[PDB]
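Here is the structure we will look at.
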Amino acid sequence: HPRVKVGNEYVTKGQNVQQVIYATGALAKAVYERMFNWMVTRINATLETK
Amino acid sequence: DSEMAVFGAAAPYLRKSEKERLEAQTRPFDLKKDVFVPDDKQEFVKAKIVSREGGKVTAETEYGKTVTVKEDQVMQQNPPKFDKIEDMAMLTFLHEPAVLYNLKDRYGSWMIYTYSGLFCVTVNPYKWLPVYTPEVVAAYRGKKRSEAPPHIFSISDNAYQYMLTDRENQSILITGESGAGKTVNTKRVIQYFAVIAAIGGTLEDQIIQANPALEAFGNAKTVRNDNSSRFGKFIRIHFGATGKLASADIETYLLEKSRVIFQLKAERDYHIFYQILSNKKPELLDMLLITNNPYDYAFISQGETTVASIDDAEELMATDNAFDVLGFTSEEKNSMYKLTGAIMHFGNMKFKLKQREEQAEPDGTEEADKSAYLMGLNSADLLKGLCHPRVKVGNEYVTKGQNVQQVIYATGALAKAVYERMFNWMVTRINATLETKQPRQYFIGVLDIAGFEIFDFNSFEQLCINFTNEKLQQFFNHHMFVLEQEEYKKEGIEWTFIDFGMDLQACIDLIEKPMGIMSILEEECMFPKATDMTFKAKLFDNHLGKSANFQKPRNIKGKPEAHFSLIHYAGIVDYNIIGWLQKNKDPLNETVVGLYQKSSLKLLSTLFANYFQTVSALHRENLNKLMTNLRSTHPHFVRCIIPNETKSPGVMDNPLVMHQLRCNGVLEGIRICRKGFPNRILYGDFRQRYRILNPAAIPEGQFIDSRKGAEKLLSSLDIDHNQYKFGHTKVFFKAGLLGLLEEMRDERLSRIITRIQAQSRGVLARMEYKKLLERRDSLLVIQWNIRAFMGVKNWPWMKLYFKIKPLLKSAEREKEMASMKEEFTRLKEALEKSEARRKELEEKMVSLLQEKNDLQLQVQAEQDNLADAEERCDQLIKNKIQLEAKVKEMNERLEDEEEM
Ligand SMILES: Nc1ncnc2c1ncn2[C@@H]1O[C@H](COP(=O)(O)OP(=O)(O)O)[C@@H](O)[C@H]1O
Ligand SMILES: CC(C)n1c(=O)cc(N[C@@H](C)c2ccccc2)[nH]c1=O
Ligand SMILES: [Mg+2]
């Protein structure tokens with residue numbers, strides 16, 4: 001039941017089993033990819049003897 | 001009870017006195033002999049067993065009458081220790097007389113509210129209790145159903161507690177026939193949220209006025225009630241993440257628009273008209289051309305025009321202030337008053353047959369002139385458009401000449417439409433105020449449907465309102481008896497399905513389905529030559545021998561003009577078929593609606609802006625939308641029961657009360673609440689909320705499945721384990737456990753916030769203790785300093801030389817040490833901090849040098865973004881050019897096909 005905004009209040013939508021599977025995939029990807037780019041940004045935050 | 005003092009003067013009218021507590025233990029009562037027996041004039045009477053004769057029993061009733069009835073129909077009386085209990089789910093013997101007399105003994109002492117387990121029953125006092133002023137609202141703040149005596153404020157706050165805890169929308173579902181009490185309880189809910197939101201501003205007073213502003217335009221005196229809600233209302237009170245009031249939305253479902261033009265004896269039109277007229281307020285009696293008395297306005301003079309329960313002089317001033325508090329400007333308040341004046345004059349327009357055209361014309365126009373002046377319309381254009389309304393057939397428009405008999409209907413429907421949409425706009429404007437654009441996430445939807453009714457003459461509206469009750473009754477039946485056990489099976493609860501017989505799907509289907517009443521109205525309105533006899537004919541052919549609840553009319557009161565009877569849950573209702581096709585089809589005069597859009601009054605144009613979809617279709621889809629939106633919310637039900645037809649306070653008619661107790665399924669609902677598992681928690685929200693009850697049962701920092709965790713925690717609580725069973729995804733509890741768990745949790749939260757305060761005070765006192773000791777030790781050093789001087793006030797050679805400065809190496813060289821060190825150390829500071837500041841600037845220049853170079857590269861990158869964006873727009877325009885050529889050729893060829 002993801003929350004989506006309609007005006008100032010949020011409404012709730014029921015997801016299908018296939019589309020919740022696809023959404024869990026997308027959450028797995030976007031957590032992984034952000035974790036990688038953050039790891040690079042931390043490498044770029046060391047690697048600096050000023 | 002000494003704790004009752006918190007309600008002040010309202011306390012005697014909510015809970016029994018201490019004497020009633022002591023009298024209970026002293027009443028003469030025998031559990032084996034005291035029983036209820038049915039009677040003719042009254043459904044049940046107390047009786048005393050006198051003998052036993054095997055399968056036949058004989059007893060003497062409380063009035064000394066002899067009676068004989070078989071043991072299958074005799075019900076044991078409840079012992080006096082359970083008399084007047086605040087929640088009827090806690091009754092020991094549950095049957096028709098136990099609920100009847102439990103309501104009667106409480107109501108005769110003006111204790112009007114009583115719970116019935118998952119829902120609550122309120123009995124119409126007819127005489128006020130000072131139980132609705134500001135002081136009780138503060139007493140109800142944050143109190144739970146276990147603490148505060150039953151009241152509509154208790155249900156309102158309980159819903160608010162759930163709303164914030166579950167982060168789910170809640171509902172308070174008040175139901176009952178006309179005059180039972182749903183509306184006043186609704187107001188009380190609104191005033192509760194407002195006063196709590198202000199004490200716990202402009203918005204809180206605005207919301208308080210949001211009710212009497214609508215109630216003036218939507219309520220009317222009826223045979224059943226003096227201030228009956230002739231329109232169902234759903235009020236969503238929205239709160240922010242922090243829980244403070246943030247907005248309120250009013251939704252309306254079905255205004256009795258016909259009531260604006262027709263009322264039976266012993267009832268009023270809407271209150272707005274008589275409250276405006278009763279004060280004869282010179283500014284309104286000058287703005288509205290209604291200087292006369294109400295007894296000449298045909299629409300509103302019928303029935304009774306005055307009621308003792310309403311101080312009509314004050315209600316006008318209450319609505320004027322209500323609009324002022326809601327920020328209605330002078331043009332808004334004036335426009336809507338003008339509109340009511342127009343509506344009042346609208347009932348006096350007289351029409352007569354033209355001597356040769358067989359067409360209606362207005363006989364008197366002064367009331368129309370007044371109306372059009374108030375509405376900012378043209379009186380001549382209005383009357384011409386009513387006398388010669390244009391109707392359309394697709395794009396072609398044609399003038400139809402109206403007869404007197406159909407114009408009277410058309411004008412009535414016009415009054416209905418103007419009133420209805422003006423009420424809708426007033427709702428949307430109340431939703432335009434109160435809307436603070438602040439964070440919003442959760443709302444409490446309070447439902448007050450138009451109550452179930454049995455007049456001597458019931459029409460299509462009486463069916464729509466009864467259907468609305470029957471749908472919410474089927475919803476109550478479904479949630480308590482069907483969905484409850486269905487979800488037990490879905491959750492795998494070891495439970496055996498109980499059939500209570502509380503089902504109305506068959507009669508709802510008889511109305512809704514593509515063979516039901518509503519589909520017949522939906523097609524018979526299309527046939528231009530359909531008639532009341534054609535509809536009645538198809539209705540009979542479709543239902544006689546095909547519907548168990550559709551029956552021949554009884555016509556016990558004579559007048560067999562056209563009738564049938566319907567077995568509603570709440571009783572046999574006789575419906576008159578005349579006019580239902582017109583009432584459903586809603587034929588509006590397209591000219592007057594077009595003039596309303598064209599009105600010089602900004603309001604009247606707003607009412608009809610953005611003006612197949614019959615009222616039965618709109619209502620059925622609106623109500624299915626409502627109940628779908630409501631199944632997605634946590635419901636609390638409130639059963640309003642009217643105790644007496646003669647409106648006498650304290651008087652109670654046992655057969656009429658029992659009829660409603662039966663039809664609302666209160667007994668069945670208790671049967672399921674006592675036997676079944678009404679309380680249910682998701683394993684995750686259970687863990688999240690009640691982990692505070694035993695953090696050691698669910699140790700964090702380690703994984704534990706939701707199911708076994710809830711198993712260990714609830715096993716650790718030491719409560720009676722026979723009270724719960726576990727589902728596939730929710731835990732399930734007996735009727736009385738959840739209240740005890742919230743009592744337990746708030747007791748623990750009190751214990752803990754006081755023990756964290758034990759820690760807060762303990763370490764804050766440690767901070768104070770250590771600061772005092774170190775500061776006093778320094779003071780002891782200061783004391784050593786002065787003690788040392790008095791020790792030094794002895795006479796040595798040094799006393800003379802040290803105090804005065806003549807000594808060269810000691811005073812002079814130490815002065816050089818102190819002066820040189822003073823200079824060095826001050827500069828030392830300055831130099832170290834300066835050196836750091838120079839480094840800091842270097843570090844800033846190094847980083848700025850990187851940022852300036854990256855920005856120089858970035859301006860080239862941005863210029864590339866500009867080239868990208870410009871070429872994107874350029875190709876979109878070129879493609880649009882070719883696409884326009886495509887649609888040019890297509891629409892041309894479509895027109896050529898239309899010509900050929
Ligand atoms: N709780 C109450 N306190 C005082 N009067 C009440 C109460 N309930 C009903 N009434 C009586 O009826 C009216 C309010 O009832 P209401 O809730 O509007 O009934 P319904 O909602 O069934 O139309 C008042 O005018 C009064 O005559
Ligand atoms: C079935 C219904 C009455 N219900 C519950 O039985 C419990 C709910 N939520 C839990 C978490 C809670 C318990 C007590 C007060 C607030 C919240 N929600 C619910 O919807
Ligand atoms: Mg009402």
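Within every chain, numbering begins at 1; the chains are lettered A, B, ... in the order of the sequence lines, protein sequences first and strands thereafter. The structure has been trimmed to a portion of the entry, and contacts are counted only among what remains. Whatever order the structure lists them in is the order used to number ligands and atoms, beginning at 1.
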**Report entry** ligand 2: drug name
**Finding:** mavacamten
Report task. Name the main binding partner of mavacamten here according to UniProt. Result -> Myosin-7
Query - Heavy-atom neighbours of mavacamten, other chains, cut-off 4.0 Å - result: B
Query raised in the report: What source organism is recorded in the PDB entry for chain B?
Result: Homo sapiens
Query raised in the report: Which UniProt domain of chain B lines most of the contact region for mavacamten?
Result: Myosin motor
